[PDB]
Trainee: 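I'm staring at dasatinib bound to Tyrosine-protein kinase BTK and have questions.
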Amino acid sequence: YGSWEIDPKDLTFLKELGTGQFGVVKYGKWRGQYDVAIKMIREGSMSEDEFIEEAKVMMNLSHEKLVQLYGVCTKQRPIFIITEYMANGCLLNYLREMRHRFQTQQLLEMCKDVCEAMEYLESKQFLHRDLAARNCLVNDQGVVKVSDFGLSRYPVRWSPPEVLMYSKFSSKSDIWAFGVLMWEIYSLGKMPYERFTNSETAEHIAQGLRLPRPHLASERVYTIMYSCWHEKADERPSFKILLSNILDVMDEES
Amino acid sequence: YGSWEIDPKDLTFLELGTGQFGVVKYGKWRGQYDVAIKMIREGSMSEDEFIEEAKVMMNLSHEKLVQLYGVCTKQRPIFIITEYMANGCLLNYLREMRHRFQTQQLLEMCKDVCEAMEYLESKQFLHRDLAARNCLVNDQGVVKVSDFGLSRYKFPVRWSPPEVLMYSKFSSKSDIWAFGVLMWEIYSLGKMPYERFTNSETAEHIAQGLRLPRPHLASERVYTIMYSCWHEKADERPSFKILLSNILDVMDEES
Ligand SMILES: Cc1nc(Nc2ncc(C(=O)Nc3c(C)cccc3Cl)s2)cc(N2CCN(CCO)CC2)n1
Ligand SMILES: Cc1nc(Nc2ncc(C(=O)Nc3c(C)cccc3Cl)s2)cc(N2CCN(CCO)CC2)n1
């Protein structure tokens, strides 16, 4: 893959952070000077072609609020993926572990960080398959960033109208999820619809039920997350507009 | 994978076509049984993808479904053996025999595809690409669908919008629309849907509420079936259990 291929002997496995479906992440050090995260992909988790597309996306996309790629080790099995290390780890556990210790003005900065990354992927026609607090990482300075792994891109004469319409306004799925994310941040890791099941939630949202307003979220902040929860997808805002609305509130409140 | 394991030497590679995941050839088992062989590429699928595909191939069976004869998992490229379809694709079969069909044969074909889908519907399986080009015909003129590359019905209910949850509840209604157009291909003798419109014009043509015109070979009652498959509201469309329910009724009426 060129310069992206790194030397394995320069790595050093030290600790374990977690395990996923497409491998296991392990904490290490690059040349014993910088902290990095290393993911060990399983032999049969993904196909060859699937890795070329996934990799091709990680090298061509770059944003300050996206998990930076340090390199990969495709010259061995299992293959590695070296990236920057996030000291604080997951955002969900971060909101619950360090709960109510950061003031409200910091909560909105977390939404801005995620909105900045999504706005970038939006400009590149990329969709987050699972946008939620559990899929966001926090670094030492409290910056929230999303990942590039597992991203998506965006029969005509045999497909129904429901499929055609979705193929043109599918980007609005990441907007609804983002709205529920702000709810998780301002609720400090509260699970959406705690008093409802999966079947219930699907029925309540269909009837118009929306998440309450976090007590730590101002009435204007609620307008942002609530703007993302519009029945008509085309009536929902874009990540560029949401970023402007978030920045607008930050200036008026801070 | 057990008894499903076939000896690559027992099969002889006597070519039929090629797909994304590999190429399909023609052969015979022990010089006595006819079957088709699929040589999947090395990097097209993953180990987990195959195990799921196979697990679905070996656990499903239906007369109108492509029967699986076996696989060769101790070989690279991995092989998948199935029954041989003398007449091959349905679209080419409708165009090569356009002058050699009866009105009862056309409706019989539609049943052969509906009977298969009805079985898939009961097992919660979905055909991602249901069309005449993905259907095969054996020597006796019986149509059969394939179960390779199917999908079942993750979506986080708590973070998904309504259009996604509503899609997961009416996912089988999408194949109904495709089935309705399939019947048009049959009674139209292989004509391309919206042959006089482009991909962008077809999408708008459906948005305006217009649909395919009735083929002259289809009767008023048969067209009502395929037309019922094309309803703006997915919930208002019938089910494959109901389509077969009707197709048989029009058969007895016109037979
Ligand atoms: C799960 C976890 N992640 C951490 N930081 C990460 N940085 C980079 C990671 C990563 O997975 N990148 C990546 C991606 C995104 C895709 C493909 C490939 C790769 Cl390599 S993960 C830290 C952490 N700890 C901190 C919070 N607790 C401290 C209390 O002791 C405990 C746990 N936990
Ligand atoms: C493309 C083609 N298929 C033919 N029969 C097949 N039987 C089994 C096939 C197969 O694909 N199974 C399968 C599936 C479904 C999934 C995964 C894996 C597998 Cl293995 S295909 C015959 C044929 N010929 C007949 C019609 N023409 C001569 C007229 O004189 C020429 C062409 N052409």
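Just so it is clear: chains get the letters A, B, ... in the order the sequence lines come, proteins before strands, and each one is counted from 1. Ligands are counted one by one from 1 in listed order, and the atoms in each one are counted from 1 as well. When reading the values below, keep in mind they use all heavy atoms of this one structure, side chains included, and skip hydrogens, waters and symmetry mates.
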Trainee: At a 4.0 Å heavy-atom threshold, what other chains are in contact with dasatinib (ligand 1)?
Mentor: A
Trainee: Define the binding site of dasatinib (ligand 1) with a non-hydrogen cut-off of 4.0 Å.
Mentor: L17(A), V25(A), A37(A), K39(A), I81(A), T83(A), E84(A), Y85(A), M86(A), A87(A), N88(A), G89(A), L137(A), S147(A), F149(A)
Trainee: I'm curious how dasatinib (ligand 1) sits relative to the natural ligand site. Which residues UniProt lists as binding ATP in chain A have a heavy atom closer than 4.0 Å to it?
Mentor: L17(A), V25(A), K39(A)
Trainee: Below 4.0 angstrom from a heavy atom of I81(A), which dasatinib (ligand 1) atoms are there? Numbered from 1 as shown, please.
Mentor: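 Selected atoms, number and element: 20 (Cl).
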Trainee: Closer than 4.0 Å to some heavy atom of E84(A) - which atoms of dasatinib (ligand 1) meet that?
Mentor: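 Counting from 1, the qualifying ligand atoms are 7 (N), 8 (C).
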Trainee: Among residues UniProt annotates as active site in chain A, which lies closest to dasatinib (ligand 1), and at what heavy-atom distance, rounded to 1 Å?
Mentor: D130(A), 11 Å
Trainee: Which atoms of dasatinib (ligand 1) are found less than 4.0 Å from any heavy atom of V25(A)?
Mentor: 11 (O)
Trainee: By UniProt annotation, which domain of chain A has the most residues touching dasatinib (ligand 1)?
Mentor: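 Per UniProt, it's Protein kinase.
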Trainee: Considering only heavy atoms of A87(A), which atoms of dasatinib (ligand 1) have at least one such atom less than 4.0 Å away?
Mentor: 25 (C), 26 (C)
Trainee: Give the numbers and elements of all dasatinib (ligand 1) atoms closer than 4.0 Å to a heavy atom of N88(A).
Mentor: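 Answer, ordered by atom number: 25 (C), 26 (C).
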Trainee: Should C90(A) be counted as touching dasatinib (ligand 1), given the test is an N or O pair under 3.5 Å?
Mentor: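 Between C90(A) and dasatinib (ligand 1), no N or O pair is found under 3.5 Å apart.
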Trainee: Can you sort out which atoms of dasatinib (ligand 1) are near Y85(A), meaning under 4.0 Å from one of its heavy atoms?
Mentor: 5 (N), 7 (N), 22 (C)
Trainee: With a cut-off of 4.0 Å, which other ligands or ions come near dasatinib (ligand 1)?
Mentor: none
Trainee: Could you tell me which atoms of dasatinib (ligand 1), counted from 1 in the order shown, lie closer than 4.0 angstrom to a heavy atom of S147(A)?
Mentor: 15 (C)
